[PDB]
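Drug present: raltitrexed.
First the proteins, then the strands, lettered A, B, ... as listed; each starts at 1. Start at 1 and go down the list; that is how both ligands and their atoms are numbered. Recorded method for this deposit: X-ray crystallography, 2.9 Å.
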Number of protein chains: 2
Amino acid sequence: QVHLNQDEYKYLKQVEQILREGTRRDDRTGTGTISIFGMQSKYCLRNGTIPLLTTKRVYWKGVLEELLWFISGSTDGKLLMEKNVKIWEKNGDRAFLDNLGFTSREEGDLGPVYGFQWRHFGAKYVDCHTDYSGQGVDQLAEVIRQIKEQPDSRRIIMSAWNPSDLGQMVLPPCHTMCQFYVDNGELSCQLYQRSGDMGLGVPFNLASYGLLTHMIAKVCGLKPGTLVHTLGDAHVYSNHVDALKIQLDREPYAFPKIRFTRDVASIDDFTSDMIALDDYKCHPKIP
Amino acid sequence: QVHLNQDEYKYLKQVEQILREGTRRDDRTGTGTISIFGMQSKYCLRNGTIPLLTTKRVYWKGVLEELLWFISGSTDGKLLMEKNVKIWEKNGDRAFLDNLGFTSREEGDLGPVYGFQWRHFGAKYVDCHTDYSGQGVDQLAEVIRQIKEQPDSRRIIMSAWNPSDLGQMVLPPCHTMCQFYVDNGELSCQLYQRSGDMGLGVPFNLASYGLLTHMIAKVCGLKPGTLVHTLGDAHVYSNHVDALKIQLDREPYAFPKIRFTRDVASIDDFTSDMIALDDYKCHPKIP
Ligand SMILES: Cc1nc(=O)c2cc(CN(C)c3ccc(C(=O)N[C@@H](CCC(=O)O)C(=O)O)s3)ccc2[nH]1
Ligand SMILES: Cc1nc(=O)c2cc(CN(C)c3ccc(C(=O)N[C@@H](CCC(=O)O)C(=O)O)s3)ccc2[nH]1
Ligand SMILES: O=c1ccn([C@H]2C[C@H](O)[C@@H](COP(=O)(O)O)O2)c(=O)[nH]1
Ligand SMILES: O=c1ccn([C@H]2C[C@H](O)[C@@H](COP(=O)(O)O)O2)c(=O)[nH]1
């Protein structure tokens, strides 16, 4: 049969394939996972659609506020908490920092993570309160320039994987790079994700890069195309198979759609008040 | 509809899918291409198999000598010419260098390309005859230590994409990063290739990373697993559609197998005389 939302059904079949074919391993601390290495899915973004899963609600406020935080170049977790978004709190507090040997680091200074690499790749990091203007490569600005002036390019790439800075990161990048692609006035985006928790993190990442593509599409005067999601270690955690069993038996509703309620002078000119999400209907929460 | 070599048949269907579903575009070199954005295939390396295409012969000597050249960390194209491997020759001679503004550069100094990034990521490049010992990150050594001591890691990654150094590269990286993966003593490798010419370059890259996986597996005392080949712009050139129509109608022979005829102290201890390729049978050349 045809499903109202085929793209999310395929995601459920991804989860289903992992449980059926994946290999059972104990990640390092004992905690087991079910894992397939090498997967790929595509999600249609046309007509403002954004792939926020309907069988299990996604922390939309987190996606939005975190992505703007990435774009701003910030590595200060405290700015995200001032928006009431706690995803980076445990990774930036005293205990977690000291455990990595960052005993001199202010609480919340996550190190040279995503935002720093996107906008200042190759720059000398010191802390999250340093003015890095004009230091390093502005990958996000270069991408936008390539899309506008060289739409046919096959090198429109933005990487967060900086071997020199990995040591000083509280967490190594998970979505390690993405590639953009223009075809018949439509902007597409492929994301390579080295590691993916299909129960929690992966749906969140789909929304982030789906939203990012919609933003870049508007800045470049293009229409949204397709999101290609490539996974390295696509895995489910053993202790959480019950929740996915429930999620899989649910028929997906239609994806919501993004709507930008004002114009923007650049990728840096977005604000939470003008990113609208319409008709996000989900199935009830899962214990 | 079974096949002696299923993995190569799927490749033929990849090319076929590109031709039937791909989008027709004119790239920055003129001359059109047929392209799909986002593809993925898997090739079995178990029991020493290496995916060297049989429907169209691959330049095995180029694969072998170039990969050893990469591993050595060399950026001097002249060493490859001393082995009779003339890829990278036109990219490193006077005309091409001056066209990019490297008017002060010695012939053959390809810049901070693959070899430099693999073994000295983040280091200050100057020329291809400089001792970079202790400079930058030795990603290839980091990967090997991770495989040995942390086989379950989801962060075993080696990237050739350095935004800081792109300007000084004669050619921007095409195979941009790879991720490794250990499961029950089997070593796998996923390659993300931003751009892929299915008629020439892609078959070569599959063998390169296939051989690389076989090599790293032996150093770490593991068995070869799976090669996951992810493509960004997977394309055929409109000029060569006639040739591929023939190639697609060919039944693949069995893949050849790699056999290492002596022990190795490290990934740096390999030589052409001890990498053997057994039973590589190909279909005849195509006009
Ligand atoms: C094992 C593991 N799986 C993950 O998916 C994961 C994700 C992150 C960061 N990340 C990419 C996240 C995205 C969304 C998140 C989250 O906590 N969502 C909750 C709401 C939390 C809140 O309201 O503050 C949820 O939707 O249930 S966490 C960090 C460690 C992880 N660890
Ligand atoms: C349009 C284009 N397609 C490619 O595949 C390509 C590949 C490279 C570099 N590369 C990744 C290569 C892999 C194999 C090669 C090659 O030329 N092989 C010869 C073998 C004959 C010989 O050199 O003796 C061949 O079969 O044409 S070249 C550079 C520019 C390109 N440009
Ligand atoms: O953006 C993210 C960050 C983390 N994770 C999940 C995947 C993992 O299993 C875990 C990260 O652990 P490591 O891969 O770093 O070991 O969190 C995601 O899915 N998306
Ligand atoms: O390792 C390589 C190097 C090059 N190419 C081919 C693919 C292309 O179409 C062309 C690269 O040109 P650009 O990606 O720079 O546009 O060469 C490969 O397939 N593999």
* State which chains or ligands correspond to raltitrexed. => ligands 1 and 2
* To do: Report, by its name in the PDB entry, the chain making the most contacts with raltitrexed (ligand 2).
  => Thymidylate synthase
* Asked: Counting heavy atoms under 4.0 Å, which other chains neighbour raltitrexed (ligand 2)?
  -> B
* Identify the binding-site residues of raltitrexed (ligand 2) using a heavy-atom cut-off of 4.0 Å. => B/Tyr59, B/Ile87, B/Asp197, B/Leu200, B/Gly201, B/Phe204, B/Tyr237
